[PDB]
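Next up: a structure with progesterone.
Since chain A takes its numbers from the PDB entry, the residues it shows come out as 1-364. Note that ligands are numbered from 1 as they come in the structure, with each ligand's atoms numbered from 1 the same way. Only heavy atoms go into these numbers, but all of them, side chains included; no hydrogens, no water, no symmetry mates.
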Amino acid sequence: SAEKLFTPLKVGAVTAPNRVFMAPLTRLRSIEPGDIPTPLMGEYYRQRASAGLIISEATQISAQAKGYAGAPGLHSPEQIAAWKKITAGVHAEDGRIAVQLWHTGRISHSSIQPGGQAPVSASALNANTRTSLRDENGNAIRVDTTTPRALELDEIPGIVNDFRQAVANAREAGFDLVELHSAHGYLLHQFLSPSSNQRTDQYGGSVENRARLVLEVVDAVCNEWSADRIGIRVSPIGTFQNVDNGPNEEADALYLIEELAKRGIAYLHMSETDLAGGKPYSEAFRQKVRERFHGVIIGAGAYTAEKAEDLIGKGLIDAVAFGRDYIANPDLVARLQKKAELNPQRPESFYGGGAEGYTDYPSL
Ligand SMILES: Cc1cc2nc3c(=O)[nH]c(=O)nc-3n(C[C@H](O)[C@H](O)[C@H](O)COP(=O)(O)O)c2cc1C
Ligand SMILES: CC(=O)[C@H]1CC[C@H]2[C@@H]3CCC4=CC(=O)CC[C@]4(C)[C@H]3CC[C@]12C
């Protein structure tokens, strides 16, 4: 019955009854205008409430933070009230839910920015990737990213404050935890990576400078709420949507994790590979990470149940977040526990659209 995946784990302020977590999954089904979570999104999360922990789809800390049409926010009264219904649904089913908070920075498009203006980043370099907009019929469509404007020095306190306010908002909205999105090429990662950061002020150059913004954010949100409410997702090894981690990625990663550990936060979520591939982590590196962080460590990235049991049993990580298996299997915990087959995935309905391919996938 898989030896440890179905055992409890204390995760900061809450207790997970198992180690099968639901990874954050952008599904781009919110209401526009307003970027408002929907009853349908509430149903989808409720279906998945047996997860050890649900991590929400990435959610905007501000309107500026928006980079995808259909991604929800957590900055407006309308958004807060909608999220309250979703977390109540999950709690009604005895689940736990964390909100993943992002600023997309240069992975964005001017047509969805305030005033229709260019999006912001550490430097004025195009992301050279695609984001998702909606066409005149409300259907998801790919679009090249807009070239960003470099944040001015005196704009950085505002960014930190947006993260702080969004965490305040998450508390009022009834989330159990927050997850800072410091991975996959979005704004915090844009500062972290030399490839996307050519600043010559104290937010660029050395690893200390590059990690300055994310650590400022971590301190602000710990002070706003509590360290045992804060998780962070990083992707510090490999390349993610054209953003790599520099020529000293392993040393820089360990620096960051040591700094994070100083804040005593609830967890560290390691996204190990991009959807395209990535070189696998070495056991030695996992050991170096493990010895530097004293909260929960969550592993993610094309994990199998077997891999998750291997590494939890090795004491290298405490939980695993599954993404696409959770899209297709609301009761993934029960399936894994019973070694039942999984529903087939339907990737064409991962983004945008409605119930089909969303609340679609049956339970046992
Ligand atoms: C449709 C889709 C949406 C995603 N959305 C997010 C997101 O909002 N935040 C994030 O950190 N990662 C995101 N990802 C990465 C997932 O959280 C997960 O780390 C990659 O799915 C995990 O692997 P697996 O799906 O093979 O289990 C997404 C991946 C897919 C396929
Ligand atoms: C190349 C393309 O279609 C884009 C449009 C939507 C984007 C996905 C949007 C959600 C997302 C958030 C993440 O944190 C990891 C990258 C992903 C998973 C994105 C990868 C690139 C995709 C799939």
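Tracing progesterone through the model gives ligand 2.
Taking the chain with most contacts, the partner of progesterone (ligand 2) here is, per the PDB entry, pentaerythritol tetranitrate reductase.
Given atom 5 (C) of progesterone (ligand 2), the protein heavy atom at minimum distance is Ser132 CB, 4.3 Å. Covalent partner of progesterone (ligand 2): none modeled.
For atom 4 (C) of progesterone (ligand 2), the closest non-hydrogen atom of the protein is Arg130 O, 4.2 Å. Distance from atom 11 (C) of progesterone (ligand 2) to its nearest protein heavy atom, with residue and atom name: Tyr186 OH, 3.7 Å. Atom 10 (C) of progesterone (ligand 2) has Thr26 CB, 3.4 Å as its closest protein atom, hydrogens excluded (heavy atom only).
In terms of protein heavy-atom proximity, atom 22 (C) of progesterone (ligand 2) is nearest to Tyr351 OH, 4.5 Å.
Of the protein's non-hydrogen atoms, the one nearest atom 16 (C) of progesterone (ligand 2) is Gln241 NE2, 3.6 Å.
Scanning all protein heavy atoms for the shortest distance to atom 14 (O) of progesterone (ligand 2) gives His184 ND1, 2.8 Å. For atom 3 (O) of progesterone (ligand 2), the nearest protein heavy atom (residue, atom name, distance) is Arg142 CD, 3.4 Å. With a 4.0 Å cut-off on non-hydrogen atoms, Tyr68 touches progesterone (ligand 2) through its side chain and not its backbone. Counting the atoms of progesterone (ligand 2) from 1 in the order shown, those under 4.0 Å from a heavy atom of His181 are 14 (O). With non-hydrogen distances under 4.0 Å, the site around progesterone (ligand 2) consists of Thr26, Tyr68, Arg142, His181, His184, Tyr186, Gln241, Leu275, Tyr351.
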Pairs of nitrogen or oxygen atoms, one from progesterone (ligand 2) and one from the protein, closer than 3.5 Å: please tabulate them with distances.
residue: progesterone (ligand 2); atom: 14 (O); partner: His181; partner atom: NE2; Å: 3.0
residue: progesterone (ligand 2); atom: 14 (O); partner: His184; partner atom: ND1; Å: 2.8

